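TS(template strand) bound by actinomycin D.
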Amino acid sequence: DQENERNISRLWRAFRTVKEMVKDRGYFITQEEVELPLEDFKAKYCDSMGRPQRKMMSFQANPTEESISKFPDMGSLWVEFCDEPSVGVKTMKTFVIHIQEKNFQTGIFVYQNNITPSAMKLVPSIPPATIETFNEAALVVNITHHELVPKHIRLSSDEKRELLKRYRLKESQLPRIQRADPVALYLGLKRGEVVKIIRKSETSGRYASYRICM
Amino acid sequence: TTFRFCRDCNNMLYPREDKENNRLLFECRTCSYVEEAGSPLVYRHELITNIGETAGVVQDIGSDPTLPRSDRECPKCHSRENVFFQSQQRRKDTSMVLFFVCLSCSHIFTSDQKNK
Amino acid sequence: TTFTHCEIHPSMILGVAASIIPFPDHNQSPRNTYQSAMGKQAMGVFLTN
Amino acid sequence: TXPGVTXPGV
Amino acid sequence: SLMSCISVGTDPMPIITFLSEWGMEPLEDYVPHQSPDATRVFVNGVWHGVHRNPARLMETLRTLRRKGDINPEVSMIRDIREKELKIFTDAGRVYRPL
Amino acid sequence: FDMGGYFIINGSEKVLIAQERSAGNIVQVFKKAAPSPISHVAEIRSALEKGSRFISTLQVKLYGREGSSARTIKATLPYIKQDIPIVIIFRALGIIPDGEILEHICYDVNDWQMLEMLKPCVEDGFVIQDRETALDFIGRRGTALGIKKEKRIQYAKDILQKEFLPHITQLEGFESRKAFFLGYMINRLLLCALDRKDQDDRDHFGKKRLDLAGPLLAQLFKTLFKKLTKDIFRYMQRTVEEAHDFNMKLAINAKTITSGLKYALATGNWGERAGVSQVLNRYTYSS
Amino acid sequence: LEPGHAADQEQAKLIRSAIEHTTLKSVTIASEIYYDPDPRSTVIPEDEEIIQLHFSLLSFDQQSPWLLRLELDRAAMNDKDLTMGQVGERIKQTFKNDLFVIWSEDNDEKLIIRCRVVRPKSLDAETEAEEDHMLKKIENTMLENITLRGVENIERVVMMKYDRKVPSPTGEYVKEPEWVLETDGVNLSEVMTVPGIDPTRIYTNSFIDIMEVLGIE
Amino acid sequence: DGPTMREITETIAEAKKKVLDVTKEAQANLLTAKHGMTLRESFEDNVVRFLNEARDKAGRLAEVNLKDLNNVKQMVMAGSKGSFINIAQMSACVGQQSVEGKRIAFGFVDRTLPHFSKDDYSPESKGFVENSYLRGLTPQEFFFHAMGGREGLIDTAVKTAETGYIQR
Amino acid sequence: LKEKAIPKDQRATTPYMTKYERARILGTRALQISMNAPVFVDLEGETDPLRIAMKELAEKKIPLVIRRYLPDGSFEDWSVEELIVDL
DNA sequence: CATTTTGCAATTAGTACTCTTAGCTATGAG
RNA sequence: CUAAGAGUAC
DNA sequence: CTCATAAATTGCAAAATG
Ligand SMILES: [Zn+2]
Ligand SMILES: [Zn+2]
């Protein structure tokens, strides 16, 4: 039963990273849920037989007041987890229709191993609903806590306009960040949105850069 | 592995399953020469090879001048003189253990310690 | 003691240009190479005619 | 390609 | 080097005749099973045969080269571990006196 | 004090630098890189001094890595579009039985390791059990593509008589000798592959030959006199077809040899390499 | 390492064994194939004791008579935390019920792995001649396609003792020793997720892996 | 002076004795390979380390012996030219000649020169130059130093070419 | 041009003349002096055009303005008189 | 639905000096 | 004059 | 007799299958 224990430990770490990601995105997530210990997660999200379950592991998050004030165009968010190792067309279709009928603009899908190619094509739903796929294995360790990784803060549309006005920049003259970078996926960047990067420089104490998503 | 060849057409012999006696039986693939198998072993593969480290030893190996001499005890003659050379197995991970050939008895003995 | 031949003289390993160097064994080898390549640029009498 | 920059292919 | 010379090449027929007279087994009827511990004789890279007593052959070849019968530029090599005898007489080889 | 050993071309002292090259008729085995499908390559740069003096690079290559289970040894015969398996060549030369081929390649019955490595070759060539079949297989792979089915055999014979290892012999009836040499090359390749010997050092100075003025002028004059004699033959054919008078002076063109030698010595280019002939350095006696 | 177990040498050894990639090639001394007509008695006497336990502890009428025998290394089982049970379970898991595998105990004088291919109930009049080759094929993949322990692209691991500047509670900076792992080969994504190490402070020479795993910054 | 040369010779002899003992322990198979490398790699590492620290100790003895009026010592102390290694090589010991980061290789079959028997791994047989430039080099050591300097010149040419390309 | 020219009241660049600005000012002014430009400073016997330009810049008597181009194409006009030569 | 495999040439430290050789070969026809 | 080549300096 | 011509990087589109 060692494999079950290591799998449930990895799942707990992935859940912690997912909660941290959602809180970083700007939603209202309490610190207590982030710091949930192993035994509490085992008691709640794992059955008596010892097999963890995912259907009751999916949850919903809502924007906090600060994000609503700063981003008056983003609403509630949904996080889902798949049970079977291979995600089929039917389950992804059920997830996307559930997102559409529940009126969510962003829904993070978390899969075990992979997604069938016939399911990727239907992942981009009708706007403004957006579906983001994340692997549990890739979510075991939160990259943003690395000392190499600096602080990434998404800018609002007003802040981006002010930035481009003050620095006289064009869209392309900013430093680029790919819309496939692990941090860009982490914070849910869409193309055109500029992130502010706070870095602990060694010539000055703090350095602020700005990367535009491409 | 101690392979053998057919004595009828000078070709290879391959193992064959039998049903009446349920025994291994070597047979030819072009003349169907059939005989018994001395051993059940049919294939050997050496991931780590112990033989071949002393290969190339010849009765006049001492005539080679480049081969260095030594006076270590011979545990068949108790004589001093002998020729010594390192392991012939040219693998990069072989140990530098020496080998010795006595010029009187031609008994090859090494300088190992775990084996003894 | 199992020798088969003898060097006529070790100083014969050097070439024509490096046989001019005095005490080449008391020098750093790149200096010997420099002198070997530099004595061909040396000025003297190439032929008596 | 090419070579360089076979073919493709061959 | 000061004493280094380059061979000019000689006809290898006399050396082949010497080898054949001195007991070189012809390569046509060489069956390795009946002569396992045989030393292979190479002349200018052409495998010419095998010998069963390479020590005496090398000794007499050395004597003939040392008495002037064989041109001294001819180089003879006896690799005991590989059990090979290599004779080179062609031009271009660089040798030194000893 | 002047020592000689140099030429005077158009009043300039020209010396022929000793050109270093790899020796001929020596089998050299080299380990190859991991990505390449061949792990070891055994080659000979065969050449006969008393013949056409043409280079045929026979290579014996060991396909498949250490982790690969299908290790087939393939040889690169000249004028052949494919790497023919060695057993096909052995059966073509006249050695059909597996035991005879393995004896011609391996010398120790107790050396079961080499036999185990060699079993893929015989298992590959088991499809052919006849000398005529193997010669027909080679002729089918023959890149000339101008021989009928019945005569491919003969054509293959030519490939196995005058192009395969010229340094051994150019006549017939010596198929056994070339089979022995092929077995020796395969034996060297296996010994290098079985970690029983280190790969040959390319920089070993005993594996190199220095062409001095002798061999250089010899091959240059060989080419130049081939030119002159071809011109003689062309002139003879022209004057016999046109039935004009025949004269020796009108046939030979001494300008051919003279100009060829004078150009190849005046300019460093050795043909029709570079820097073979150089202006003799007269700045100092040691120079 | 994790700050709680920075100086714990045995936990560092545990982590090293957890990430060090291991293959049967580094363990198997040799491989062989034998003809055993019946899977109840073996013609080899030395390993006989093995079966007289396993057959006693335990189907057997549908097994190929060809047996694949692997002889392992005791020193390989010593320097690496590997046992006969672990490798046997690995092989059984990766080959399902199609290969019946037995192994001697660790304390036994010789480490022997014996494998037999199960026979399908349908009669085969041509597979029997070629069965041996099939076994060979299996042996080949069994040497490299599977992994006992560790994560991929990790050829070898070395454990060093570095010495860092830690702000002591009294205020100064102290030279605290630490156990650090250097790894030949880079599998940053798989190594970072391994529990017991510090996920934050992992670093790699290959900045391509850093960029594709951690980010452009 | 005489006592310092005697002490330098004693240091070289002690280092050679330690190398011989390491060679015995390797040849008697009692040597264990360091984790992460083979037996030959560890043996060569230990031999090179011992010879390097031997040359360093001999150079340190020579440098300590050099009086303050010594001109080479004066130049080194001023930092204008020279260093400790130059004093070590000129006065105490030239050291170990290395090719490709390893000791002198067996260009001939299993031996560096036809003046050494096969499989001779002693320091003198593989390029160690125990003689200072004041004392002069033996023929074999002269050749090994020539190989080392050849590697130096080749590396200089290759490095300047590659650095030029990188700079552009 | 009106859109490009940032008004003097809100120039956001350093008020100190840069080494490149000083070098080009000295070069241009020395060139003009060499081509018989009028001198706005009294001369104490100096004859080198470069030192003439230096003496002119010491008391800010050079009738030129720098047009500093921002990366977007906008420019700021800094008169040499109001630039402070500190280096 | 899942792999899979294969064949090679262009471009790659700066300057700076001196000297040597050669420029479609031979044959037809106006 | 051009091109090619060789040797050479740092 | 003289002019005119004989190391290491890259950068993939096929073709085959079950
Ligand atoms: Zn038969
Ligand atoms: Zn004895």
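Per chain, numbering begins at 1; letters A, B, ... match sequence-line order. The structure has been trimmed to a portion of the entry, and contacts are counted only among what remains. Side chains included, hydrogens not; waters and symmetry mates left out as well; all remaining heavy atoms used. Modified residues are rendered as parent or X, with their additional atoms omitted from contacts.
All instances of actinomycin D together account for chain D. Chains with a heavy atom under 4.5 Å from actinomycin D (chain D): J, L. The deposit refers to DNA chain L as NTS(non-template strand).
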